[PDB]
Amino acid sequence: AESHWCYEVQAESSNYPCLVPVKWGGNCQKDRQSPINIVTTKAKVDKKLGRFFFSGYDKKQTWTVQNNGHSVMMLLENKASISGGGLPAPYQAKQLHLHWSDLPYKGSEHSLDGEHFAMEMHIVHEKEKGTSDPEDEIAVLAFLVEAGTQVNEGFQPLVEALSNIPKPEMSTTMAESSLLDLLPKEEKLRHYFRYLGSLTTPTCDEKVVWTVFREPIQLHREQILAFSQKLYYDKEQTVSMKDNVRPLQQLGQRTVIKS
Ligand SMILES: CC1(C)O[C@@H]2[C@@H](CO[C@@]3(COS(N)(=O)=O)OC(C)(C)O[C@@H]23)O1
Ligand SMILES: [Zn+2]
């Protein structure tokens, strides 16, 4: 590759050359990529997709959050884990990060019936393997964020932290908060979509079991705008961080299922 990967917005907003998504190397040009559009009525119900069990999601922690130049990322350090959800094993939580724009009708990586949401939050987990790498080594939990006028109090520790990490490779410590503070009510997480795909940044490894929850997180417009207002892609602060979103990939021969 002849330069570092970037999102489209970065190449459009700066004169410094970088590799846009359609030009990404690694496995990014293979045929089981993510994100995708999900046609909700065409996803077949699979009875074996039961409720998720969250561990360590309720416990208050002071999380480390950092700007890695592509997004903001909470380091979960195996301090939380998941099971159920039609998953073959329990999975350990590694990180939480987001993708967003500054318009209410875009910012999500996945789309539901052709609608993008204002943001998409990803909680990345790793498989507890046995003896006997796989297509489902990583489980990413995806939550869509809808913009409105409801102040989401649970997001406030994260939103306030953002001022402190404007430039890449900066780290800060969030005020006391839980993962559940960031999510819809647990009982509303029974309905989700499931498919097999890839990581959405290079090298786009095809090792992800995806879950996209039907229920949106409600965040105030100004809490969403805090992300593009407070963060930058570069140490020079010439390009505000937003549209950190990979364009949609074809489902191809794959199947999307739902609980
Ligand atoms: C903050 C951001 C965007 O997310 C981090 C890191 C590199 O890319 C990721 C993307 O994970 S994803 N979007 O497929 O859930 O892939 C890994 C390596 C799992 O870490 C993710 O930058
Ligand atoms: Zn992501």
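Along the sequence shown, the residues carry numbers beginning at 1. In each ligand, atom 1 is the first atom listed, and ligand 1 is the first ligand listed.
- Sitting at ligand 1 is the drug topiramate.
- Per the PDB entry, the macromolecule making the most contacts with topiramate here is Carbonic anhydrase 4.
- Within 4.0 Å of topiramate, judged by non-hydrogen atoms, the site holds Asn68, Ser71, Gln95, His97, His99, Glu109, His122, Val124, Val140, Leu199, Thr200, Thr201.
- Among the ligands and ions shown, the others lying under 4.0 Å from topiramate are ligand 2 (zinc ion).
- For topiramate, the polar-atom distance check finds an N/O of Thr201 within less than 3.5 Å of one of the ligand's N/O atoms.
- Proximity to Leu199 (heavy-atom distance under 4.0 Å) selects the following atoms of topiramate: 14 (O), 19 (C).
- The UniProt domain of chain A that supplies most contacts to topiramate is Alpha-carbonic anhydrase.
- Of the residues that UniProt lists as binding Zn(2+) in chain A, those with a heavy atom under 4.0 Å from topiramate are: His97, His99, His122.
- Residue contacts with topiramate: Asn68 is placed with a nitrogen or oxygen under 3.5 Å of a nitrogen or oxygen of the ligand (distance criterion only).
- For topiramate, the polar-atom distance check finds an N/O of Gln95 within less than 3.5 Å of one of the ligand's N/O atoms.
- In terms of polar-atom proximity, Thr200 is counted as a contact of topiramate, with an N or O under 3.5 Å from an N or O of the ligand.
- Shown in contact with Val140 at under 4.0 Å from a heavy atom are these atoms of topiramate, numbered in order with element: 15 (O).
- For atom 21 (C) of topiramate, the protein comes within 4.0 Å by at least one heavy atom.
- In terms of N/O distances under 3.5 Å, topiramate is approached by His97.
- Rounded to 1 Å on heavy atoms, the UniProt active-site residue in chain A nearest topiramate is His70, 4 Å.
- The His99 neighbourhood of topiramate comprises atoms 13 (N), with distances under 4.0 Å to a heavy atom of that residue.
- Under the PDB entry, the species noted for chain A is Homo sapiens.
- Protein heavy atom nearest atom 3 (C) of topiramate, with residue, atom name and distance: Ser71 CB, 3.8 Å.
- Looking at the UniProt substrate-binding residues of chain A, I find a heavy atom under 4.0 Å from topiramate for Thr200, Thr201.
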List, for topiramate, each N/O atom that has a protein N/O partner under 3.5 Å away, with both atom names and the distance.
{"unit_1": "topiramate", "atom_1": "4 (O)", "unit_2": "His97", "atom_2": "ND1", "d": "3.2"}
{"unit_1": "topiramate", "atom_1": "8 (O)", "unit_2": "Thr201", "atom_2": "OG1", "d": "2.5"}
{"unit_1": "topiramate", "atom_1": "13 (N)", "unit_2": "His97", "atom_2": "NE2", "d": "3.4"}
{"unit_1": "topiramate", "atom_1": "13 (N)", "unit_2": "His122", "atom_2": "ND1", "d": "3.4"}
{"unit_1": "topiramate", "atom_1": "13 (N)", "unit_2": "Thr200", "atom_2": "OG1", "d": "2.8"}
{"unit_1": "topiramate", "atom_1": "14 (O)", "unit_2": "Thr200", "atom_2": "N", "d": "2.9"}
{"unit_1": "topiramate", "atom_1": "20 (O)", "unit_2": "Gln95", "atom_2": "NE2", "d": "2.9"}
{"unit_1": "topiramate", "atom_1": "22 (O)", "unit_2": "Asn68", "atom_2": "ND2", "d": "3.0"}

